[PDB]
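All remarks here apply to the structure that follows.
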Amino acid sequence: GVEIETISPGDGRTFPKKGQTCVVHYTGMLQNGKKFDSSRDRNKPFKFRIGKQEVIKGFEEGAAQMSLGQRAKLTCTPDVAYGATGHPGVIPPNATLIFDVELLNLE
Amino acid sequence: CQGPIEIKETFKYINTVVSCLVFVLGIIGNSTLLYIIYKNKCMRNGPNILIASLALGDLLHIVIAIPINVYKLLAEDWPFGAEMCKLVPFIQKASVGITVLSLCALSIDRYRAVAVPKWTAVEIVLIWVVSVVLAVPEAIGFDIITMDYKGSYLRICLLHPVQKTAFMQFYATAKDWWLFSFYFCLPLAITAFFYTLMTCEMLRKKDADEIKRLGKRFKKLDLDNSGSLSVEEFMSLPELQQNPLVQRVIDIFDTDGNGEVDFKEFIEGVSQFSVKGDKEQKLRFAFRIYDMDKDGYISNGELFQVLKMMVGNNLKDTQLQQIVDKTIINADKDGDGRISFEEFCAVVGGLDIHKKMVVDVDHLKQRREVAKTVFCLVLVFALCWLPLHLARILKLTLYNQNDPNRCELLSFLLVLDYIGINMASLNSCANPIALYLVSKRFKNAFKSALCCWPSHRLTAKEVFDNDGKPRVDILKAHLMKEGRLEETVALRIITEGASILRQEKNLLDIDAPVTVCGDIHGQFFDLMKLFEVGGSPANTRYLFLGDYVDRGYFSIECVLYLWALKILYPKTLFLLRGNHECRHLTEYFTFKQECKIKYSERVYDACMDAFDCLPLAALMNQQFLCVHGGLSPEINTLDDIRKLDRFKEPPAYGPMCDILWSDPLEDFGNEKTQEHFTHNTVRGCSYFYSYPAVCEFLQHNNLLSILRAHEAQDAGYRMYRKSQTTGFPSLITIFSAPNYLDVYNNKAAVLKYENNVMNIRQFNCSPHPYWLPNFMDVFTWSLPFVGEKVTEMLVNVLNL
Ligand SMILES: C=CC[C@@H]1/C=C(\C)C[C@H](C)C[C@H](OC)[C@H]2O[C@@](O)(C(=O)C(=O)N3CCCC[C@H]3C(=O)O[C@H](/C(C)=C/[C@@H]3CC[C@@H](O)[C@H](OC)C3)[C@H](C)[C@@H](O)CC1=O)[C@H](C)C[C@@H]2OC
Ligand SMILES: [Ca+2]
Ligand SMILES: [Ca+2]
Ligand SMILES: [Ca+2]
Ligand SMILES: [Ca+2]
Ligand SMILES: [Fe+3]
Ligand SMILES: [Zn+2]
């Protein structure tokens, strides 16, 4: 259950590939519009690698469908999110998440 | 004879001194034992609550029986009534009822595992009631009869030589046989029978095939066949070269610190991750991840270095440090600047992380330490009550008065009988002593509780001077450095300030000059940045248009500082109400979660009492109407607001909600229709108010313009269309939150009004400390990642 809505277009030619590192800014908010985390609060990007399950399967699938420079709104249903367990202290159980993510660079 | 005369006098002072040593040690040893159980949340357990039942049962015997038992010896008389006489043996024979039965329950409980929970509560109550029912016979028979010594009338408690019923007559004759049977034979048989069966069950299938299974892998992982696993050989698995915690876990496995892991060390570590592993030990492995030097305590610099590995470059060195000091300070219940395992429990007790540290193995082999105490407590009981029962048996079998040298035999017996009583009393003050010396877990807790008996919360004497006026410089500096206040003083600021708000009218009268400020939304470090722009609050009048909380992480500092500033300057600082000062929104947003983490739930309630007293609007120099939101369809004149009842949570509809939620239209000043009010789709309630609505309201009340807030602006202000009647901008929005939500990157503004001159002063964002989402600490933040990583390593090491 991954839904991608385009906010600002990118170059449309460059895509993340397996084995390399994605550098993104992300803004994670619940389905009700409440924000809980964002890298822009820290003024540094978030680095993760494709294919090594460093992030939840919902976030990884959306990032692979984004182009370099593209910024899009992602929907993370609980099946491709923390699910029934949630995350202690942040995410209520069975919560759907919305991520606003901008791809800056790929290595 | 002649023997008993000197023996009784010899033990008259010996018995009373021992009872004093029992009293002093018993009252402090047993009470501290209870204080440990409830303070430490890991110590609750199920086998550790029956031990607390032993201490409570013995404490009652110590505080009642022992003192009056001493006064029997010294006075040789009963200065008390008959009711007390039936209370002395009833409790003394009841306390040993709890002691005997608890040791039986403790023995059954430990064999249960090898073969406060809901089923624990029935055990405690059933033990106590059953014990008391069997102490009734003592209470029935004791009374003051049949002594008269040389004309002196003395009161002495004893068992009745003649009983009301024959059942008590049987009890009186075989009293020692009943004491020896139910209180000595019954526990020692049950405790030993289950321990003998426990040893046999543990011995069988202990090694089993599992140790053979892990041995197959251990040789395989040992490439050089040196009999021990090196760090380089652990790096040989491709799946572990990307795990950041492999170097830490190898440190736990390497017990002796020689840098390499042998077979015995390998087997011990895997046992800790079994499906049958208990809660208290899996939390200890997670504890040992952070504890680098294995000194039992997590330090400030060691917690940072561990986190720096897992975080990576996702955070700065300053930001990761800042949350570490806050985590240490909030979790340090001892003020020693470092975290112990008991404090580590209080943070992560309910996180259920232990349910993730699971692999497919068995044979925890940890039943040694916990069961040593149970067998030691039974050991202490057996060696204290053995001499007393042995004296009575000696009387029954070997004593005969017909023997010529009868006096010599009674001489040895009466010396031992007095000793047997003294040792029997020692068991009431011995159980805490044995626990402190046997079990490491109780030993560490006892050391902290007794021997050991910025993070500094400001005290009431410091924030207030002798006149009751808070000192802003002290409060500002402490709050700016992440400091907090005492729980009482936090309530004092909120309550004292709220009273000043309670006396002030719904519609304020504010005279020029004055500074108008918009939303703050918990941006405390942006709030001080506001004050130099507008001027010092002492000599500059400020008007805040609402929104003091939510959307930030320093909401409580904004509340405390403004309410503190309200008390010091009631007539030059004016606070108005925004839509976030209600129970509806703070439940939805983070203000409530902030109050729980930062001060308490009780401070949050105090805020809502003050948030109800906040004024709704102000009249600025008789030309400007100042309000958080905008106009209302149900308000046409200013006196309408004066009639409202503001001391309540705002309703979902009505004039008050329309004041605190209404927004101007997107095409304000260029509306396609002439409708005055339309439904507000953005907010979900209240109304949109258009340009015709504003101009009519201004003219009808002889007003010039309207100052509002509650809408984010890139420049911090927005000058709308100028009114045709006056040539002045009809509506002004002031937004004084720079870099709102840290994602907008906007500017903030404050409005200066003086000499009929309109001035806008802007300022940008300021650096502020970093809080994790929902104000959590790094232990809650990281343990879901620690528990996942160590499980990823262990499954890759074993299962392959
Ligand atoms: C210090 C050590 C911890 C280490 C922390 C960091 C490197 C800092 C990094 C910015 C995380 C943020 O810390 C401020 C914070 O980001 C959130 O707020 C968030 O917006 C979020 O959902 N993100 C972050 C962006 C990528 C998607 C997702 C995520 O993949 O997060 C991952 C995640 C939670 C995986 C879980 C782990 C538990 C498993 O059970 C579950 O398996 C299903 C999967 C994060 C990146 C982990 O890989 C790495 C860590 O946890 C989480 C709501 C909670 C998380 O803090 C934990
Ligand atoms: Ca080797
Ligand atoms: Ca070793
Ligand atoms: Ca240490
Ligand atoms: Ca401490
Ligand atoms: Fe606001
Ligand atoms: Zn508002």
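Letters A, B, ... are given to chains in the order of the sequence lines, protein chains preceding strands, and every chain is numbered from 1. Atoms within a ligand are numbered from 1 in the order they appear, just like the ligands themselves. Computation of the quantities below employed the complete heavy-atom set of this structure, encompassing side-chain atoms and omitting hydrogens, waters and symmetry-equivalent molecules. Structure method, as recorded: electron microscopy, 3.3 Å.
- Of tigecycline, cobicistat, tacrolimus, the match for ligand 1 is tacrolimus.
- Here the macromolecule with the greatest number of atom pairs within 4.5 Å of tacrolimus is listed in UniProt as Peptidyl-prolyl cis-trans isomerase FKBP1B.
- In contact with tacrolimus at heavy-atom distances under 4.0 Å, by letter: A, B.
- The PDB entry designates chain B as Calcineurin-fusion endothelin receptor type-B.
- By UniProt annotation, the domain of chain A supplying most contacts to tacrolimus is PPIase FKBP-type.
- Residues of other chains with a heavy atom under 4.0 Å from tacrolimus: A:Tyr26, A:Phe36, A:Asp37, A:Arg42, A:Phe46, A:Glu54, A:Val55, A:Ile56, A:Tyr82, A:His87, A:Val90, A:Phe99, B:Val311, B:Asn314, B:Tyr770, B:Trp781, B:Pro784, B:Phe785, B:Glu788.
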